[PDB]
Amino acid sequence: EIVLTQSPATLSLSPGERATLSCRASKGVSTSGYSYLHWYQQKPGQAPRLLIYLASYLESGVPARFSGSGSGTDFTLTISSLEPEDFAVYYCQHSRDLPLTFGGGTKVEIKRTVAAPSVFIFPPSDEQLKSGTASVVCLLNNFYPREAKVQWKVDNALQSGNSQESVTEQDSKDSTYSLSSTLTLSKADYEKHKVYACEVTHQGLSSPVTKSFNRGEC
Amino acid sequence: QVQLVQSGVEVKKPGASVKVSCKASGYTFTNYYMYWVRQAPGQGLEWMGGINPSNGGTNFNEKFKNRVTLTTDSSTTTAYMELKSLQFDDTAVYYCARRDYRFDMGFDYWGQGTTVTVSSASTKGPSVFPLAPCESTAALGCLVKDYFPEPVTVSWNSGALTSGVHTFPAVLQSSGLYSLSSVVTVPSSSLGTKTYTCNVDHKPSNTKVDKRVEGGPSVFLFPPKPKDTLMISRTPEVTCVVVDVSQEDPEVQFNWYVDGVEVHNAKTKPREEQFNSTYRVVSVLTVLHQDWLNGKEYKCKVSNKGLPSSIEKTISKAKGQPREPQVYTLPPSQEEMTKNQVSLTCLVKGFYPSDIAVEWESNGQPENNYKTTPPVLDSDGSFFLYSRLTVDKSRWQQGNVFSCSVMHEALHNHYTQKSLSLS
Ligand SMILES: *[C@@H]1O[C@H](CO)[C@@H](O[C@@H]2O[C@H](CO)[C@@H](O[C@@H]3O[C@H](CO[C@H]4O[C@H](CO)[C@@H](O)[C@H](O)[C@@H]4O[C@@H]4O[C@H](CO)[C@@H](O)[C@H](O)[C@H]4NC(C)=O)[C@@H](O)[C@H](O[C@H]4O[C@H](CO)[C@@H](O)[C@H](O)[C@@H]4O[C@@H]4O[C@H](CO)[C@@H](O)[C@H](O)[C@H]4NC(C)=O)[C@@H]3O)[C@H](O)[C@H]2NC(C)=O)[C@H](O)[C@H]1NC(C)=O
Ligand SMILES: OC[C@H]1O[C@@](CO)(O[C@H]2O[C@H](CO)[C@@H](O)[C@H](O)[C@H]2O)[C@@H](O)[C@@H]1O
Ligand SMILES: OC[C@H]1O[C@@](CO)(O[C@H]2O[C@H](CO)[C@@H](O)[C@H](O)[C@H]2O)[C@@H](O)[C@@H]1O
Ligand SMILES: Cn1c(=O)c2c(ncn2C)n(C)c1=O
């Protein structure tokens, strides 16, 4: 099959700036004067919307600021001046042959000044502990950019497989991200150790930030 | 009026089958292929197959060619997608999309999406646990654990608390039940005074729970010059200046709002190093003359890595009924005539707001040797001021005319004048 690779995975820009999105096919998608390469916009919870068809043709009703170009294996989508409504995900798709394939998408995101996360650790409640479970929640609040690593240490032992992350959408007012990591244990396993630590790394932190508590001393 | 209306949420058990429909209207069904595309949680788009509604001919993706059946009912112009032997990784949004049969111009129209969730779980209400700590800002929240199906909505203090709230998207656990957290950040000082309650609603189980959970840069915002907002020839501007920006964080950022709406036409000046090892940076928003005069609020939000949170500053024209200035010119005192220079006075009073411009001229050329007092509040709520022009006694004795000109929004043509002369 023809594989489409979009780059960059994330594009960080400001309203008014020129956005340039790249799409590269593993095999050529051009034949007989046309390139079978089309662009779509997807907003969270909404169905994709056709922007550009056949590499460079503007779909009826799409704003003039959207333009496509390229041929063979290399394609570009340009937004001449970003509007607040254009911060979304963009996919390329070919139809040179079957199977039809899409690229992995490119997120056009609002750029802003680096903001370090405020890190908080929350021990499990006495209510949850009556049932045989313990959830330790770590919150990384209002940070930018999106990239962050969170590690759990139980008595300085690095954990794996027993935690899940969840990230919010970029904030409509301050353009930041928030993240939560939840370490899950049985009450039996929670009672075996005493130091529960959350170690966070982010561009905005010169050294990792570790938040912890001592089980029983709360 | 082209429409592609898909069927609603599907919650199915592993091994079962689902059948999604796509109701088409506003076009000739026959002229277009109907395609099916799925999107797994947090993943991209995947083409499954397409059907020709005239002859029923199909094309598939090899991954789906043996579990998917595509059919069309031309009477009810509906396309259908049957996915059999459902696996847990079949959880996704399924889209039908049309493609022109005659000439390929992409998937020009898509249905709204049909969420299919493959799960051995049955309806279950969440357990709600408080998230409270064991620093100027405090964090608190609610862990909404083990519920099925989605969604749960979380509010704080019955919708009174909206600022600083983050309700995280749910995580599917190993058990097949969802779980999420809702947090809020608040001033640590409030913890004693204020109460915080999270209101959890899970409509599928009819569950409702209300759980009680128990030095840097500085910004100055300047209004436009009063003459600028009153003359269409001049350009009025609001100015945001941030001082005490660290040598370690040159991060120059401004966001501007007019009556709470963001605008992008401000011009940020280049960073300026100060004699006290800090930077100074200015942003200039040009304003509409009538927007300043109609009382629109101009907000400047400053962001920097050295600011734990953004510094907002607002500025508008003073509220209250505009009142018109009264202009009186008073000649020099006879006791001042024993001097080489004399004082021409201009009394401007009874005006509101205090934004005004006062100047002097003679023979249509500016007289720049004057000083004006700042406006002073009167007991009736209006302002007043005096302007003093220093003239050579000679100039006055020759009967040359001097003029005190005043510019204020409440005046007709924003302008008035009073002349002064030796009788
Ligand atoms: C390092 O070196 C820096 C440079 O020397 C230095 O910067 C200086 O920092 C101080 C604060 O620390 C800042 O002071 C403020 O000044 C406001 C007026 O500034 C005018 O006028 C001065 C001259 O008097 C000029 O030098 C300024 O540049 C500025 O000029 C204006 O600029 C605009 C735009 O370019 C032009 O359009 C104007 O025409 C022009 N005007 C003139 C006359 O030329 C002053 O208003 C501030 O006062 C308010 O805050 C004080 C607390 O900080 C309060 O005590 C005071 O009451 C005022 O409170 C306000 O009151 C309002 C209600 O009445 C409220 O709505 C407001 O919210 C409230 N404000 C606040 C914050 O609460 C203030 O004195 C200097 O201006 C600044 N200098 C420059 C050149 O930028 C750094 O501080 C040095 N750092 C260190 C560590 O030493
Ligand atoms: O937009 C189609 C086509 O028009 C050209 C000129 O042939 O550019 C014009 O239109 C743009 C959008 O309105 C303007 O920004 C530009 O100044 C104007 O010349 C082409 O460049 C474009 O492909
Ligand atoms: O031309 C588009 C756009 O460019 C800006 C960017 O600040 O400035 C240009 O025009 C100036 C003259 O008005 C030049 O001095 C400058 O070099 C040039 O970039 C805007 O003013 C203008 O809208
Ligand atoms: C594919 N295609 C179009 O879709 C098109 C066009 N001119 C206008 N349109 C819309 N041309 C020349 C074209 O080749």
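Heads up: chain A is whatever sequence line comes first, chain B the next one, etc. In order, the residues displayed for chain A correspond to 1-218 in the PDB entry numbering, which applies throughout. What you see of chain B is 1-134, 140-219, 236-444, where the numbers are those given in the PDB entry. All values below were derived from every heavy atom in this structure, side-chain atoms included, with hydrogens, water molecules and symmetry-related copies excluded. Every number for a ligand or one of its atoms is a count from 1 in the order of the listing.
Notes: drug at ligand 4 recorded as caffeine. Of the drugs pembrolizumab, bevacizumab, ligelizumab, the one that appears at chains A and B is pembrolizumab. The chain forming the most contacts with caffeine (ligand 4) in this entry appears in the PDB entry as antibody light chain. Lab note: other chains with heavy atoms under 4.0 Å from caffeine (ligand 4) -> A, B. Taking each of A:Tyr57, B:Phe103, A:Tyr53 in turn, the one with a heavy atom nearest to atom 10 (C) of caffeine (ligand 4) proves to be A:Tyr53.
By its own naming, the entry calls chain B antibody heavy chain. When distances from atom 12 (C) of caffeine (ligand 4) to the protein are checked, no heavy atom turns up under 4.0 Å. Summary of contacts: the protein heavy atom closest to atom 14 (O) of caffeine (ligand 4) is A:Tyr34 OH, 2.7 Å. Under the 4.0 angstrom criterion, atom 4 (O) of caffeine (ligand 4) counts as having a protein heavy-atom contact. For atom 8 (C) of caffeine (ligand 4), the protein comes within 4.0 Å by no heavy atom at all.
Near B:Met105, the atoms of caffeine (ligand 4) lying under 4.0 angstrom from a non-hydrogen atom of the residue are 4 (O). Measured on heavy atoms with a 4.0 Å cut-off, the binding site of caffeine (ligand 4) is A:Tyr34, A:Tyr53, A:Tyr57, B:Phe103, B:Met105.
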Using a cut-off of under 3.5 Å, which N/O atoms of caffeine (ligand 4) pair up with protein N/O atoms, and what distance separates each pair?
residue	atom	partner	partner atom	Å
caffeine (ligand 4)	4 (O)	A:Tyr53	OH	2.7
caffeine (ligand 4)	14 (O)	A:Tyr34	OH	2.7
caffeine (ligand 4)	14 (O)	A:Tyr57	OH	3.3

